[PDB]
Amino acid sequence: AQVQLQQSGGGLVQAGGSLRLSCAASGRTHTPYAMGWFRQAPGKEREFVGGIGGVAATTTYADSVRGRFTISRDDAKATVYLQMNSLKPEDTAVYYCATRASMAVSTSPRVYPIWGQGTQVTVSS
Amino acid sequence: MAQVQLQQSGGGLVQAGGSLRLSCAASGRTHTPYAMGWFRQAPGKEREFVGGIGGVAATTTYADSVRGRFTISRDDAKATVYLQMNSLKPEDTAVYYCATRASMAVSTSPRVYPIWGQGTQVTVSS
Amino acid sequence: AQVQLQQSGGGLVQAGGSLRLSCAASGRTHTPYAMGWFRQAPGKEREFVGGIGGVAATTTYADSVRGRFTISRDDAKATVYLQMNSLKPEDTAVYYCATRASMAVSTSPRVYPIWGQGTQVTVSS
Amino acid sequence: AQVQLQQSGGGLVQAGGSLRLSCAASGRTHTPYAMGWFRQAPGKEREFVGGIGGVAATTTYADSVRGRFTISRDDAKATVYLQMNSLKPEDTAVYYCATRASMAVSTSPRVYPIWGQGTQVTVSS
Ligand SMILES: O=C(Nc1ccc(Cl)cc1)Nc1ccc(Cl)c(Cl)c1
Ligand SMILES: O=C(Nc1ccc(Cl)cc1)Nc1ccc(Cl)c(Cl)c1
Ligand SMILES: O=C(Nc1ccc(Cl)cc1)Nc1ccc(Cl)c(Cl)c1
Ligand SMILES: O=C(Nc1ccc(Cl)cc1)Nc1ccc(Cl)c(Cl)c1
């Protein structure tokens, strides 16, 4: 692979809690390229959460996470973050970052050829 | 005695085009929907608004000169607000301050914020 | 009410993670005086965690936290910090700082007349 | 290439004042590896100030700073701090942090391949 994505920072929190995930990229990195966050809960397909792309770090969000989750990036560290607030039990899933050779963010996981390892996030009621 | 205390971290010297993350950790009677504003001040210059975050939905606002380069976010449970800087320029050199007030509305005037961080130096070499 | 201690910095940490607590002193402060750190889990008495005192900022630690926790102090801010690393569930507890009119760090809570209000630290695994 | 360190927080202080420097590590970090602090005044070569290393986080100090300066570590944030107290004008210098692929602390700058950018510190009369 041209690029390797290493994820950090999940765990188990109570409803209303916060977590921050990181996705550190190494290899032939290019920070304007799209980084997507996707999650997969038990029994479900990979659902798009949000993405970041472009020379100006523009973000886009799924309806179910807007306002609560925030995506950012540190260019010099080649790292993209997913800040999660007001967490809900329904947010429980394995979270993945993924990237592709385009600035454009897509909702389809299938157009991202490069995947991080996944991080479990679990939210108690 | 203040009702809230702001403790700033991060900063330093980087090259033009570099990146930094600044942190502003709030303690005491904290209420995370209240506005947190970032201001900067370079030696011999007036204070100026950088950007801010506020509201239940974490709405952000920025000065024109930093839009597309700086991003503000918050971590409610750590009661901490971050200012992510990318594509840094010599022009961005200054002490950076966070500030807060008992209102969700982000104001661009420093006068309306009664509570201040201690500042952190950011130097961007030419 | 000769010196008062305001704590900061508690909360939920994931197993293996880190947290810094703060204890700020106000009033007729003497930074060479001993600041003790103690914790209490439900169903146990306040047990000594560690402490700092003297002009040289000498420290001492309970066996179970040595290597993992560091105490330090900032004289101009009249603040003492508890840096905690490699946190595990056994560390979950309400954590207190305390002081006394003496440079000697005592392991007994009874000889400290000044207490901070305490903060909860919860670790899940 | 493998780890970067970013230093924070220089500045002016009065004699008798305190200051806290940070050294944030990023990349393929290993937190028990040795991080040394050095200082250099108007061209004199970097003299050792202190270091921290090992699983149990052991600290070592130069004679000229012991007691007054303290080093600690936050493993979660891959950051090392140097807290400075009772500062005096002879402490005026550029301070650096450095790291190496070994737990062992050494007093020689040479054996640390990785260098922070340096922070100025100035202490007045
Ligand atoms: O590098 C990246 N994305 C990326 C995005 C944000 C940050 Cl901070 C860092 C890296 N993508 C990339 C690079 C090369 C190829 Cl071939 C492909 Cl297919 C993708
Ligand atoms: O608490 C805050 N702001 C704040 C904003 C964001 C975060 Cl993550 C955390 C805290 N302000 C506040 C609170 C009380 C008073 Cl009196 C005043 Cl005057 C201001
Ligand atoms: O001041 C302190 N402790 C203290 C410790 C560390 C720092 Cl950084 C700052 C302050 N104790 C004190 C002071 C006065 C009295 Cl009467 C008594 Cl009874 C205790
Ligand atoms: O990681 C480190 N040091 C370090 C020290 C303190 C903390 Cl909190 C975190 C990290 N060194 C390192 C790591 C890799 C390489 Cl190749 C080299 Cl050459 C050095």
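Naming convention: chains lettered A, B, ... in sequence-line order (proteins, then strands); numbering from 1 in each chain. When a ligand or atom number is given, it counts from 1 through the structure's own listing order. Just the heavy atoms: all of them, side chains too, but no hydrogens, waters or symmetry mates, feed the values below.
Within 4.5 Å of ligand 2, most heavy-atom pairs belong to the chain that the PDB entry identifies as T4 nanobody.
Of chloramphenicol, famotidine, sulfamethoxazole, cycloguanil, triclocarban, the match for ligand 2 is triclocarban.
Lab note: other chains with heavy atoms under 4.0 Å from triclocarban (ligand 2) -> B. Within 4.0 Å of triclocarban (ligand 2), judged by non-hydrogen atoms, the site holds B:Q3, B:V4, B:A26, B:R29, B:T30, B:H31, B:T32, B:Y34, B:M36, B:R74, B:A79, B:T80, B:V81, B:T100, B:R101, B:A102, B:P114, B:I115. Closest protein heavy atom to atom 14 (C) of triclocarban (ligand 2): B:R29 O, 3.3 Å. Scanning the protein heavy atoms around atom 3 (N) of triclocarban (ligand 2), the nearest turns out to be B:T100 OG1, 3.1 Å.
Set against the non-hydrogen atoms of B:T30, the atoms of triclocarban (ligand 2) under 4.0 Å away are 1 (O).
Distances below 4.0 Å separate heavy atoms of B:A79 from the following atoms of triclocarban (ligand 2): 8 (Cl), 9 (C). Heavy-atom proximity to B:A26, at under 4.0 Å, picks out these atoms of triclocarban (ligand 2): 9 (C), 10 (C). For atom 1 (O) of triclocarban (ligand 2), the nearest protein heavy atom (residue, atom name, distance) is B:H31 N, 2.9 Å. Among all protein heavy atoms, the one lying closest to atom 17 (C) of triclocarban (ligand 2) is B:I115 CD1, 3.8 Å. In the PDB entry, the organism given for chain B is Lama glama. Near B:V4, the atoms of triclocarban (ligand 2) lying under 4.0 angstrom from a non-hydrogen atom of the residue are 13 (C), 14 (C). Among protein heavy atoms, atom 6 (C) of triclocarban (ligand 2) sits closest to B:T32 O, 3.4 Å. Distance from atom 5 (C) of triclocarban (ligand 2) to its nearest protein heavy atom, with residue and atom name: B:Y34 O, 3.4 Å. Under a 4.0 Å criterion applied to the non-hydrogen atoms of B:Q3, triclocarban (ligand 2) contributes the atoms 16 (Cl).
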